[PDB]
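First comes the structure, then the notes that go with it.
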Protein chains: 2
Amino acid sequence: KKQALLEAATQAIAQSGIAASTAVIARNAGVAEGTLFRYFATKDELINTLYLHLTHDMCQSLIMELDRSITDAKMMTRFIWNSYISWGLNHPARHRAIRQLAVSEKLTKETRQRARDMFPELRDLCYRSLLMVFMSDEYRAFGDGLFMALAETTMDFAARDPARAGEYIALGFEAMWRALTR
Amino acid sequence: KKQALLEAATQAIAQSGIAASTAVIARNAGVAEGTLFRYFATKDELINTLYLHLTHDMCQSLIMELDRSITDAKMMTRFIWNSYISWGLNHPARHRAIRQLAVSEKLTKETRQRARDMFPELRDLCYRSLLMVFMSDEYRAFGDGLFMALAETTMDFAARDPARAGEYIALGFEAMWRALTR
Ligand SMILES: COc1ccc2c(c1OC)C(=O)O[C@@H]2[C@H]1c2c(cc3c(c2OC)OCO3)CCN1C
Ligand SMILES: COc1ccc2c(c1OC)C(=O)O[C@@H]2[C@H]1c2c(cc3c(c2OC)OCO3)CCN1C
């Protein structure tokens, strides 16, 4: 099924990178390799769709825990940071794959913009405090990559030192905030 | 010699993480695991010695390129940033290996203290501008990991989009400077 292949592609891309074979992915999904291509016509297609599926999963937990009572930009961003830190901690495979898929040459401009416009409110809540350079078409991926690099580092230190996780998350957040916001 | 094991360790920890087995390291170097254990009594000893050797290779490349006439603290830091990014693009396995080793649990803090004190002038150069949080005993490793996560993203984008390399290095540097310095 389409769902069993996206899950195998998630784990494979997280462990082996974007160079994961489609022969490994369908095999790790219980279907033959031909079924993979009858759902995802090309390697690049599965790359782009899984990005859309992973970003949809990630933001749906971003906005799910977001307090709509909050109106201050920084406090609101602290909510989204804590949710993203928690999502990666609760879903280590999806976070690793969404990292390697956001980086890649293979993501088309249509998938990149649709990943932002899929949740328009959260986009404006996740972008309208940024350095304007990081919302440009040419540096938006890089801006997402600095954020995710800082978040991953925050995840690792926290899971490996739970007593201090509360401080890693706060320090990581302020560091991210000075790095990317205006 | 040991160099084959140290190099195999670099490639393997950069690929399969600190979780990489002693057997493949030894095997990808064409030496017996026993011999690996004849030179490194534990996997922990291997990981602490490797971190020392890898930090020495990186720090000396940093000081090999310094200009002793750069007396501005921020400009001097930008030179060191340029060196580190350059060192990471020329040796992506050594750089990828240094990030996982530095954030791992099994690295004794006598080891990483010895890593910073083998180049004391470099140590005080790159740490003189840092916030107190990131010079603390508890959050020093966290500061190095945030720096390295930002540099790694900078290297990844500069290598894959070289038409825009200069912007990534500059934006990466300024992002890092806001995140970690007073
Ligand atoms: C609604 O659509 C989106 C919003 C924001 C982002 C992406 C995105 O599309 C899927 C993306 O791919 O990456 C960022 C990045 C990010 C967030 C929140 C931020 C921030 C960020 O990095 C620029 O800067 C300060 O607040 C949320 C989590 N996400 C990893
Ligand atoms: C030799 O002595 C050292 C100096 C600086 C650092 C370490 C170190 O020991 C090996 C270290 O392990 O971590 C940092 C980190 C780092 C550098 C340069 C920086 C910086 C850094 O991290 C906070 O911030 C401001 O500029 C250089 C590279 N290195 C990865």
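As listed: the chains are lettered in turn, A, B, ..., one for each sequence line. Chain A uses the PDB entry numbers throughout; the residues present, in order, are 9-190. Chain B is numbered as in the PDB entry, which gives 9-190 for the residues shown. Numbering of ligands and ligand atoms starts at 1, following listing order.
Among noscapine, doravirine, toremifene, the molecule seen at ligand 1 is noscapine.
The main partner of noscapine (ligand 1) in this structure, judged by heavy-atom pairs under 4.5 Å and named as in the PDB entry, is NOS4. Other chains reaching under 4.0 Å from noscapine (ligand 1) with at least one heavy atom: A.
The option from A/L158, A/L188, A/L138 that lies nearest to atom 25 (C) of noscapine (ligand 1), judged by heavy atoms, is A/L138. Of the options A/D152, A/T189, A/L60, the smallest heavy-atom separation from atom 23 (C) of noscapine (ligand 1) is shown by A/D152. The proximity of A/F181 to noscapine (ligand 1), defined as any non-hydrogen pair under 4.0 Å, does not occur for either the backbone or the side chain. For A/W89, no heavy-atom contact with noscapine (ligand 1) is shorter than 4.0 Å. As recorded in the PDB, the organism behind chain A is Salmonella enterica subsp. enterica serovar Typhimurium.
Taking each of A/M156, A/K82, A/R124 in turn, the one with a heavy atom nearest to atom 1 (C) of noscapine (ligand 1) proves to be A/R124.
Note: no N/O pair closer than 3.5 Å links A/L130 and noscapine (ligand 1) by distance alone. Applying a cut-off of 4.0 Å to heavy atoms, one finds the binding site of noscapine (ligand 1) to be A/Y59, A/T63, A/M66, A/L70, A/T85, A/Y92, A/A123, A/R124, A/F127, A/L130, A/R131, A/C134, A/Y135, A/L138, A/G151, A/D152, A/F155, A/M156, A/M184.
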